[PDB]
Amino acid sequence: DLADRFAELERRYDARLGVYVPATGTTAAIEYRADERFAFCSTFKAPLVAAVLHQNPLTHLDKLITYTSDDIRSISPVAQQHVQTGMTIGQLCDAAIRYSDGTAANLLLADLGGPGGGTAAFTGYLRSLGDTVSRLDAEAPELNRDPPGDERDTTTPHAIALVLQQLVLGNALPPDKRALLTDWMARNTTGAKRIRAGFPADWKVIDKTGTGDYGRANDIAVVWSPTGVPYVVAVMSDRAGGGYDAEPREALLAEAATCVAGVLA
Ligand SMILES: *C(=O)[C@@H](NC(=O)[C@H](O)c1ccccc1)[C@@H]1NC(C(=O)O)=C(CSc2nnnn2C)CS1
């Protein structure tokens, strides 16, 4: 029983775990706390890049964005390095997805524009995909810091999986922009120990991770079986019981993913 296994993992890691895999032709939806809110953390950067792609001609990726010392306020492995030269929108999308770059994401929110530094337009984009649940209220670093239970900067495993399904597998984006998003997620450097670790090597995994305070660790993926059957996998967790400084536990997501992969194989 999957629910028993998921509950066991919660006890093991003193965590709250959320899992959603949307139904397919022959598989029923997999759901565990799937309609409970969890912080986005960096997982928002996948639909964010899609919003930026959608909003602009493809050649907007070649526009150089300049930024300064006071723009670096969060983990920004790429943007810290190019602060002196600037970065193109294309480079920013790359950094945001593949390195979970916080400054890159903040700059992409600014590019999207409008109230709240782009957070309202981001949320508006999710609404256009029929997501009436998720909300983004702050940028990095604030978005990772909301108290457990607080609805600011949250999604649910159910909501984000349906968003990702439309972006990667559905028609939310034209094929050319869809490929850009897909490729970036395919080349992600941060997800080796999460959903990827739970699926056999002959399954293709593309993903976007999130990590935050109160032991928050998320991963949203699209996976393909060895015969090219796709599934969307959203795993979210927090550890409120350790307080603000609770260590995120990647191993929990790898184990949850292993359990999911066992059902889907
Ligand atoms: C997006 O979630 C973003 N998270 C943060 O900036 C958090 O505030 C945070 C910082 C330090 C430690 C924990 C949380 C960034 N995204 C991610 C991610 O997606 O995983 C991380 C995880 S750390 C990482 N990245 N690659 N390899 N490791 C390990 C922190 S920055």
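The residues of the chain are indexed from 1 along the displayed sequence. Every number for a ligand or one of its atoms is a count from 1 in the order of the listing. The way this entry was determined, per its header, is X-ray crystallography, 2.0 Å. Excluded from the calculations below are hydrogen atoms, water molecules and symmetry mates; all remaining heavy atoms, backbone and side chain alike, are included.
- Contact analysis gives the chain with most pairs under 4.5 Å to ligand 1 as the one the PDB entry calls Beta-lactamase.
- The drug occupying ligand 1 is cefamandole (bound form).
- For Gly212, the heavy-atom gap to cefamandole (bound form) drops under 4.0 angstrom.
- In the vicinity of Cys41, heavy-atom distances shorter than 4.0 Å reach the cefamandole (bound form) atoms 2 (O).
- Listed by atom number, the atoms of cefamandole (bound form) under 4.0 Å from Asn144 heavy atoms are 4 (N), 5 (C), 6 (O), 7 (C), 8 (O).
- Looking at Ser42 next to cefamandole (bound form), an N or O pair under 3.5 Å apart turns up.
- Here the heavy atom of the protein found nearest to atom 16 (N) of cefamandole (bound form) is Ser100 OG, 2.7 Å.
- Taking every non-hydrogen atom of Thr190 and a distance limit under 4.0 Å, the qualifying atoms of cefamandole (bound form) come out as 25 (N), 26 (N).
- Within the 4.0 Å cut-off (strictly below), no protein heavy atom is located near atom 24 (C) of cefamandole (bound form).
- Of the heavy atoms in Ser74, none comes closer than 4.0 Å to cefamandole (bound form).
- Counting heavy atoms under 4.0 Å from cefamandole (bound form), residue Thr211 touches it through both backbone and side chain.
- Cefamandole (bound form) has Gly210 within reach: a non-hydrogen atom of the residue lies less than 4.0 Å from it.
- With a 4.0 Å cut-off on non-hydrogen atoms, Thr209 touches cefamandole (bound form) through its backbone as well as its side chain.
- Within a heavy-atom distance under 4.0 Å, cefamandole (bound form) reaches the following UniProt substrate-binding residues of chain A: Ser100, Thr209, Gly210, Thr211.
- Per-atom contact check: atom 19 (O) of cefamandole (bound form) touches the protein, criterion being a heavy-atom distance below 4.0 Å.
- Protein heavy atoms all stay at least 4.0 Å away from atom 29 (C) of cefamandole (bound form).
- For the ligand labelled cefamandole (bound form), residue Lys193 lies outside the 4.0 Å heavy-atom shell.
- In the structure, the covalent bond to cefamandole (bound form) is made by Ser42 OG.
- Remark: cefamandole (bound form) atoms within the under-4.0 Å shell around heavy atoms of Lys208 are 19 (O).
- For the pair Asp213 and cefamandole (bound form), the shortest N or O to N or O distance does not fall below 3.5 Å.
- When heavy-atom distances to cefamandole (bound form) are checked against a 4.0 Å cut-off, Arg216 has no atom that comes that close, whether in backbone or side chain.
- For cefamandole (bound form), the residues with heavy atoms nearer than 4.0 Å are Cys41, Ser42, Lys45, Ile75, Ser100, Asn144, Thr190, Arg194, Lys208, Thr209, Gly210, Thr211, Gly212.
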